[PDB]
Amino acid sequence: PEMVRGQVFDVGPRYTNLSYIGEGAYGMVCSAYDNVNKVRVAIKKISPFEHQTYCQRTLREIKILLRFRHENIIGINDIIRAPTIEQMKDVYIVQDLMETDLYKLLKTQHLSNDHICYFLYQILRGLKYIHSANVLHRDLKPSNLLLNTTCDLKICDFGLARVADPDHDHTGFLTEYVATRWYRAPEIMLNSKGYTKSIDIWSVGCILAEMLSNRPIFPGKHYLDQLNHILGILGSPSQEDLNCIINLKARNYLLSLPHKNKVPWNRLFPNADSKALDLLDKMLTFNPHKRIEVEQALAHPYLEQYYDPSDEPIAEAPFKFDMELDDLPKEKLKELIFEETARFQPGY
Ligand SMILES: Cn1nccc1Nc1nccc(-c2ccn([C@H](CO)c3ccc(Cl)c(F)c3)c(=O)c2)n1
């Protein structure tokens, strides 16, 4: 059937010549050749059925990506799984192959201001579409941004992503420990169940910083250190910013901390375009409600060369509570995953 570092990819005969790209807790991604369409593809093997969270993430990613269509968001081309649900252990998501990700590119190349600007434009062009659909991506970082050699960029991995119908108040109903640590907005630590899509803008800020310096701006060692790295640079929150924190436990936890001074952006990035540091500052703002939104970040002067509302799609049918109905046993989620992938099956 064809094996990569001990992982069977039951994808033949259509998909062959598999090479490792990466892996995660419950799956693996490889490049492959599509013999039918005569194109290179990526194939993400997911093995989620043992755990309810893994089934949730798999269902979310499939439900969201199949209803999305945008140049800066990876599409699903095809999905492979067993013809019976008892036989389904693995799901194979087939996507267009991208040459590399931003993480790899930043280990090996100092980016020109022109590249950084185009990349940031494309991230925010994609995020605009995502937010307009009422989705939070919730794990933006360099390794979830794919790059082909023409410097085209696509956001991938909607595993951590979800819908939040703005018709309903999601304070207290949102998963606690979201985003990769270095890219985690302060309100996930201080308002752990009440954050909004603004956490995505924070993540994009961390990425913009990382692009300027080839280094993570807030490389914290653990939960409480990440908040210290952040305050180490933004300086202690203002009194108006503290009074805005509704959780008492978390408000007092801050009021307890020593005072820190703001490090000026231009003293951390003395070579960077000033327009870029201005947008960085509006994106890395402590108070979520004051943090620039995706439309206003595109309209910033730094991206004036690319910003064009007439060529920037938004979701024509924004997602609603019908896409959030996934607080269910893993056996039930397995059924919904089977139903959602049915349309790729011979028959249906
Ligand atoms: C050549 N090259 N080098 C790096 C990336 C590529 N190309 C490529 N092309 C299409 C898709 C992907 C791709 C990668 C990573 N992920 C996430 C990791 O960020 C991922 C989540 C969960 C699990 Cl389990 C996983 F293995 C990988 C994708 O979803 C999808 N990559």
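The PDB entry numbering applies to chain A: residues 9-356, in that order. Order of listing sets the numbers, starting from 1, for every ligand and every atom in it. Just so it is clear, the values below take in all heavy atoms, side chains as well, and ignore hydrogens, waters and symmetry mates.
Most heavy-atom contacts to ligand 1 in this structure come from the chain listed in the PDB entry as Mitogen-activated protein kinase 1.
In this structure, the drug modeled at ligand 1 is GDC-0994. The binding-site residues for GDC-0994 (non-hydrogen atoms, 4.0 Å) are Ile29, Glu31, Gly32, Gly35, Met36, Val37, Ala50, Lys52, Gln103, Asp104, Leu105, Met106, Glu107, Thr108, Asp109, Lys112, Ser151, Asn152, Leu154, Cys164, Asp165.
Taking any N or O of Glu69, backbone or side chain, none lies under 3.5 Å from an N or O belonging to GDC-0994. Considering backbone and side-chain N/O of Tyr34, none are found under 3.5 Å from N/O of GDC-0994. Interface of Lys112 with GDC-0994, defined as ligand atoms under 4.0 Å from a residue heavy atom, comprises 3 (N). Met106 N, 3.1 Å is the protein heavy atom nearest to atom 9 (N) of GDC-0994. Organism of origin for chain A, per the PDB: Homo sapiens. Near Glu31, meaning under 4.0 Å from one of its heavy atoms, GDC-0994 places the atoms 26 (F). Among residues UniProt marks as active site in chain A, the one closest to GDC-0994, with its least heavy-atom distance rounded to 1 Å, is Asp147, 7 Å. Applying the 4.0 Å criterion to heavy atoms of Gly35 picks out, from GDC-0994, the atoms 24 (Cl), 26 (F). Applying the 4.0 Å criterion to heavy atoms of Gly32 picks out, from GDC-0994, the atoms 24 (Cl), 26 (F). For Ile82, no nitrogen or oxygen atom sits less than 3.5 Å from a nitrogen or oxygen atom of GDC-0994, counting backbone and side chain alike. For GDC-0994, the UniProt domain of chain A with the most contacting residues is Protein kinase. Of the residues that UniProt lists as binding ATP in chain A, those with a heavy atom under 4.0 Å from GDC-0994 are the following: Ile29, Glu31, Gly32, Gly35, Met36, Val37, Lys52.
When only non-hydrogen protein atoms are considered, atom 15 (C) of GDC-0994 lies nearest to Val37 CG2, 4.2 Å.
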